[PDB]
Chemist: 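Below is a deposited model of Androgen receptor with dihydrotestosterone as ligand.
Lettering follows sequence order; numbering is per chain, from 1. All heavy atoms count here, side chains included; hydrogens, waters and symmetry mates do not. Start at 1 and go down the list; that is how both ligands and their atoms are numbered.
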Amino acid sequence: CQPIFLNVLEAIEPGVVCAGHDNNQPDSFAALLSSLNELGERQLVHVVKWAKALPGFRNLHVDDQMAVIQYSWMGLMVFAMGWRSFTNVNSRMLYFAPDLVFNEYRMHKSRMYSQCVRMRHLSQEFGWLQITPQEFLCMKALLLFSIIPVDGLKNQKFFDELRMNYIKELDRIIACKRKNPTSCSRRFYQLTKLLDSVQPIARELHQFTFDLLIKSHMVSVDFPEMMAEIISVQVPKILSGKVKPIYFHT
Amino acid sequence: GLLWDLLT
Ligand SMILES: C[C@]12CCC(=O)C[C@@H]1CC[C@@H]1[C@@H]2CC[C@]2(C)[C@@H](O)CC[C@@H]12
């Protein structure tokens, strides 16, 4: 029996994305953040292409397809970055891209050292919890459906159904080589805790990028078009409490 | 926006 759902997730997983950063130049806040912004813009393109190819994504009202991407991109990208950091450099550095790897010096120069260490901790968890490539893929897909508005989506019912199905698929992946319901329960606990841990990090970054956008002109940090639009229109809805993450635990 | 165009 072929794992249809997993086959799809592996097939649509985005390839390597480079930031275009000039690593020959001495590190500077403006250059580092401008490169992170450009990487965000480039990754956003891949996230949209990826999301549109996810099982059942098209069932969502188009307005909701837009919304979920606009609200969840930070978490999605941070989670994937954590996985790359673990797989490529054993969490020794933050692997934003092959050409944008953060050592402690860069974490400090970026002025978001605190957020960086939390992301490095997330990276370490992938190793400590022995997260499998398949669990990573399913969890990442679930992160796309983990933040919603209080006024509700155009069609909240279709979103709820899709989210439920992805949680169900995560269950199946957990039960794969586990014939003991208790072991499955313990694994589900671990993974939902990991998923929840992404949200506080994403919130800190949402706050940081929002503040940076507002003062970008005086710190020489460039924001690409899509990033600037999303950070000035959607991110504030998250920061003002109109859009909130769905936490498994309280 | 460019995102909307990308999505559609
Ligand atoms: C999502 C990105 C870029 C893609 C990635 O690998 C994760 C990383 C997390 C920090 C983000 C960055 C995009 C640009 C941001 C939002 C900066 O403005 C401040 C925080 C940066």
Chemist: Return the chain letters whose heavy atoms come under 4.0 Å from dihydrotestosterone, other chains only.
Modeler: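 The heavy-atom check gives A.
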Chemist: Which residues and nucleotides contact dihydrotestosterone at a heavy-atom distance below 4.0 Å?
Modeler: A:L33, A:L36, A:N37, A:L39, A:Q43, A:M74, A:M77, A:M81, A:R84, A:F96, A:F208, A:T209, A:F223, A:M227
Chemist: Under 4.0 Å from atom 17 (C) of dihydrotestosterone, is there at least one protein heavy atom?
Modeler: yes
Chemist: Which of the atoms in dihydrotestosterone, numbered in the order shown and given with their element, are less than 4.0 Å from a heavy-atom of A:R84?
Modeler: 6 (O)
Chemist: At what distance is the nearest protein heavy atom to atom 14 (C) of dihydrotestosterone, and which residue and atom is it?
Modeler: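 Protein heavy atom at minimum distance: A:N37 OD1, 3.3 Å.
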Chemist: Kindly confirm or rule out an N or O of A:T209 lying under 3.5 angstrom from an N or O of dihydrotestosterone.
Modeler: yes
Chemist: Which atoms of dihydrotestosterone sit under 4.0 Å from any heavy atom of A:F208?
Modeler: 19 (C)
Chemist: So which heavy atom in the protein is nearest atom 9 (C) of dihydrotestosterone, and how far is it from that ligand atom?
Modeler: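 Ranking protein heavy atoms by distance from atom 9 (C) of dihydrotestosterone, first comes A:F96 CE2, 3.9 Å.
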Chemist: Hey, which atoms in dihydrotestosterone end up nearer than 4.0 Å to a heavy atom of A:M81?
Modeler: 6 (O)
Chemist: Which protein heavy atom lies closest to atom 1 (C) of dihydrotestosterone, and at what distance to 0.1 Å?
Modeler: A:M77 SD, 3.7 Å
Chemist: Which of the numbered atoms in dihydrotestosterone are under 4.0 angstrom from any heavy atom belonging to A:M74?
Modeler: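 Counting atoms of dihydrotestosterone from 1, those under 4.0 Å from A:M74 are 16 (C).
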Chemist: May I ask you to identify the nearest protein heavy atom to atom 12 (C) of dihydrotestosterone, giving residue, atom name and distance to one decimal place in Å?
Modeler: A:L36 O, 4.1 Å
Chemist: In chain A, which UniProt domain contains the majority of residues contacting dihydrotestosterone?
Modeler: NR LBD
Chemist: So what's the organism behind chain A, according to the entry?
Modeler: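 Per the PDB entry, it is Pan troglodytes.
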Chemist: Please indicate, with yes or no, if any protein heavy atom is found under 4.0 Å from atom 21 (C) of dihydrotestosterone?
Modeler: no
Chemist: Filter the residues UniProt lists as binding 17beta-hydroxy-5alpha-androstan-3-one in chain A to those having a heavy atom under 4.0 Å from dihydrotestosterone.
Modeler: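 I count these UniProt residues with a non-hydrogen atom in range: A:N37, A:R84, A:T209.
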Chemist: May I have a table of the N/O to N/O pairs between dihydrotestosterone and the protein that fall below 3.5 Å, each row giving the two atom names and the distance to 0.1 Å?
Modeler:
| from | atom 1 | to | atom 2 | distance (Å) |
| --- | --- | --- | --- | --- |
| dihydrotestosterone | 6 (O) | A:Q43 | OE1 | 3.4 |
| dihydrotestosterone | 6 (O) | A:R84 | NH2 | 3.0 |
| dihydrotestosterone | 18 (O) | A:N37 | OD1 | 2.7 |
| dihydrotestosterone | 18 (O) | A:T209 | OG1 | 2.8 |

